[PDB]
Every structure is written in structure tokens, then in C-alpha cells.
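A look at one PDB structure holding taniborbactam (bound form).
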Amino acid sequence: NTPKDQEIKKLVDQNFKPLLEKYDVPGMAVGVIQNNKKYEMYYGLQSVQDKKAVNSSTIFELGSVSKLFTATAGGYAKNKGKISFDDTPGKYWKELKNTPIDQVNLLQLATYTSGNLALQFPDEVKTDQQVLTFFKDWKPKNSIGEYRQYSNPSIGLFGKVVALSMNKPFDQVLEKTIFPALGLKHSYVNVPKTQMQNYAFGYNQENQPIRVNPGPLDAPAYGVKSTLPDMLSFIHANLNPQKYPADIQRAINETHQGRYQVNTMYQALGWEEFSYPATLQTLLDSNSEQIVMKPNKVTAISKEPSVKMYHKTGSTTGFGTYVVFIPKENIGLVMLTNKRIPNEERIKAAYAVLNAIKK
Ligand SMILES: *[B@@]1([O])OC2=C(C([O])=O)[C]=[C][C]=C2[C][C]1[N]C(=O)[C][C]1[C][C][C]([N][C][C][N])[C][C]1
């Protein structure tokens, strides 16, 4: 006896709204798409000092959810014949030819199995020449392809090679090719001056206003900004890839293909993948310190899950993101905040909402 849009708003109020007070978060956007119908819920302020309300135009930093766009770009290049995932980086970045890193193939870079690449570049690697020197100085540790360690330099180098194969800077690969193909008109690597008024402040742990700073290969690792409507469209594209031209369709499907497992988690291209229904602990394990911060030996996929779900967390110093979608339920959810909150809370809140929505 209650309209569906009110039912979903109530669920988001019950499970996401309390996080605002609990973590002193200034602003939040939550969206649900179910059976091609979109539901948008905005809370709080995109700028505290300006008393500017979060709304459909608010631009948030996606953090590592940006890696999903990097993976789509690589899937696009691969299916256009510009790269093979068996290639090594020196085929495209010629100065890496005959260096040790040129023994690692593009899939291994994209899925974090070089065997010796940490979460971040060293603090002092900043310039283009310093990034090149860092990879020229790279030497193997663990056997290549056997150990997963979540790594910005790893997928950053993949993104750089994808851009080289397409004869464009990476920011242009997204803003001129991939965002238009996905129908995203309010998504940016670099937010233009004409849109800065819509760029939220992020807020650090002292609730001080901040925004992301430049860093090495930032764009492919964590450098996309977007709005809730654009992120719901992105979820829509992942739920309905057969509604895009052949090259973009195949690119999206590329990001859904599991490549190896670490226990219950399947590493796809950018996306993390799970058998569905997934237990809460399966989803929480994917965010454990053991999985996120340490190397873990990988194993071949044994059960290729017919029914599955995908998710990805992302953070910058001042923003939190979570995206999740379940193809066979034709449903997905996006959470954007301009303050970080624990990944476990994002996963729990989305799990409660998605399981409670009437089918
Ligand atoms: B990305 O968001 O993935 C990620 C997660 C996750 O998946 O939620 C958790 C913890 C770290 C990471 C790394 C990715 N995000 C960043 O790289 C953050 C970025 C790093 C450079 C800046 N350096 C300032 C250090 N105070 C901070 C923002």
C-alpha cells in the first residue's frame, strides 16, 4: 500500500541515513536502479561553508571506482584490436622494452599480479620522468602472475599503456571516447571551470574541506569525478551491455570476466565478482586487511558462477564511493559521500537495502 519509490527511499533512510550522524558526514548521494527505473536520494551539503545542498548536479570524487573506467578502456582497446592482454608494456611504452617489468603482461598489470608492486607509488615519484624511472628500476620479487597485491602503480601502468595504444592521453581516452560511449555527460578526469561550482568539497577526518591533489598516474588509478545520475547510467550500462555498440558492449563484458580467485572473491577487470547470493561475510572478506593490503596467492577459477554480483569500493582523502550490481536481479546501487566512511559500513548498508527491496 506504499509506492515503490517511497519503499526504496525508506530503506535508504533506514540503512544509509544514520551513517551521516555516525561518521559526521556532510553530504551523501544514494541511487538505486531496478528494472531500468532509477531512484535518487540526496542528503546534506556538498559544501558546508556555502550551505549548498547535495543534488543531482553534485560532482563527487570516485577514488578507486575510477579503476572501473580504466578497465572498460582496456576492454575497449582489446576488442578494437589495439592491444592483446598477453602483450607486455614495452610493446607500447618503448622505453620499457627489455626491462624486467617488460616480463609482465597487461592482464597481470590490470589485475595486480606483477608480484612486486605496492598500493601506492613512492611519495617522491611525482613527475613523468620519475614514473618512467620507477618502472625502469623495477625488479621482480614474487613469481610473476601468482600473487595479488592491490596496487595503484600496477593498474596505472595498464591505463597508461591502454592510452598509448589508442594514441591519446589517458584523460582524453575517457573524456573523448569512453564517457561519450557510455552516455556520461557529467563525468570528468579534469572538472572544467564552468562546472567547479558543482564540485563538492571533500572532508577529511577533522571535517576540514579538501579535494584530491595531483599524483603519479592518478587519472587511471583514482582520478574520475562524477554525479549520481551518471553513476546510475554507468550501472545501467553494466546491467545491459547488449544496449551499446559492439565494441563498447564487448568492452563492458571484458570487465565482467573473472580472471582468478582469492578464496570467495573473483578478480575481474576492475570489478570484484562473487557468486550470488553472496553472504555478507564473503563481501566483507573482500575488503579485509588480508585481501586489500597484503599479497595473496591466486588460484584458477573452478566454479564459473552462473548467477553473480559485482562491486567496487573507492576512496580519496575526502570522499567515499561504493558501487554494486546484480545482473540477474536487474538491480544495482551507488553510494557517494564527501567524507570517507569505513568500507564495511558501505557494504553492510547496501547489502541490507538490496536484500530488502521487493523483487
Ligand atoms: B582506491 O580508492 O582503493 C583503495 C581503497 C578501496 O578500494 O576502497 C582503500 C584504501 C586505499 C585505496 C587506494 C585507492 N585510493 C587512493 O589511492 C587514495 C589517494 C592516494 C593519493 C593521495 N595521497 C594522500 C595521502 N594522505 C590520497 C588519495
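Here, residue 1 is the first one in the sequence, and each next residue gets the next number. For ligands, and for the atoms within them, numbers begin at 1 and follow the listed sequence. Heavy atoms only: backbone and side chains are in, while hydrogens, waters and symmetry mates are out. Recorded method is X-ray crystallography, 1.6 Å.
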**Request:** Map taniborbactam (bound form) onto the structure by ligand number or chain letter.
**Result:** ligand 1
**Asked** What macromolecule, as named in the PDB entry, provides the greatest number of contacts to taniborbactam (bound form) in this entry?
**Response** Beta-lactamase
**Prompt:** What makes up the binding site of taniborbactam (bound form) if contacts are defined by heavy atoms under 4.0 Å?
**Reply:** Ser64, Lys67, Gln120, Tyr150, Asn152, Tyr222, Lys312, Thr313, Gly314, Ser315, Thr317, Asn343
**Message:** Does taniborbactam (bound form) come near enough to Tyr150 that some N or O of the ligand is less than 3.5 Å from an N or O of the residue?
**Reply:** yes
**Asked** Quick one: does atom 23 (N) of taniborbactam (bound form) have a protein heavy atom under 4.0 Å from it?
**Response** no
**Prompt:** Less than 3.5 Å between some nitrogen or oxygen of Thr313 and one of taniborbactam (bound form), yes or no?
**Reply:** yes
**Message:** Taking distance alone, with N or O pairs closer than 3.5 Å, would you say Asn152 contacts taniborbactam (bound form)?
**Reply:** yes
**Prompt:** Which atoms of taniborbactam (bound form) are found less than 4.0 Å from any heavy atom of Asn343?
**Reply:** 6 (C), 8 (O)
**Message:** Could you peek at the entry and say which residue and atom carry a covalent link to taniborbactam (bound form)?
**Reply:** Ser64 OG
**Asked** N/O of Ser315 under 3.5 Å from N/O of taniborbactam (bound form), yes or no?
**Response** yes
**Prompt:** Looking at atom 6 (C) of taniborbactam (bound form), would you say a protein heavy atom lies below 4.0 Å from it?
**Reply:** yes
**Request:** Return yes or no for this condition: an N or O of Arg346 is under 3.5 Å from an N or O of taniborbactam (bound form).
**Result:** no
**Message:** Does any N or O of taniborbactam (bound form) fall below 3.5 Å from an N or O anywhere on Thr317, backbone included?
**Reply:** no
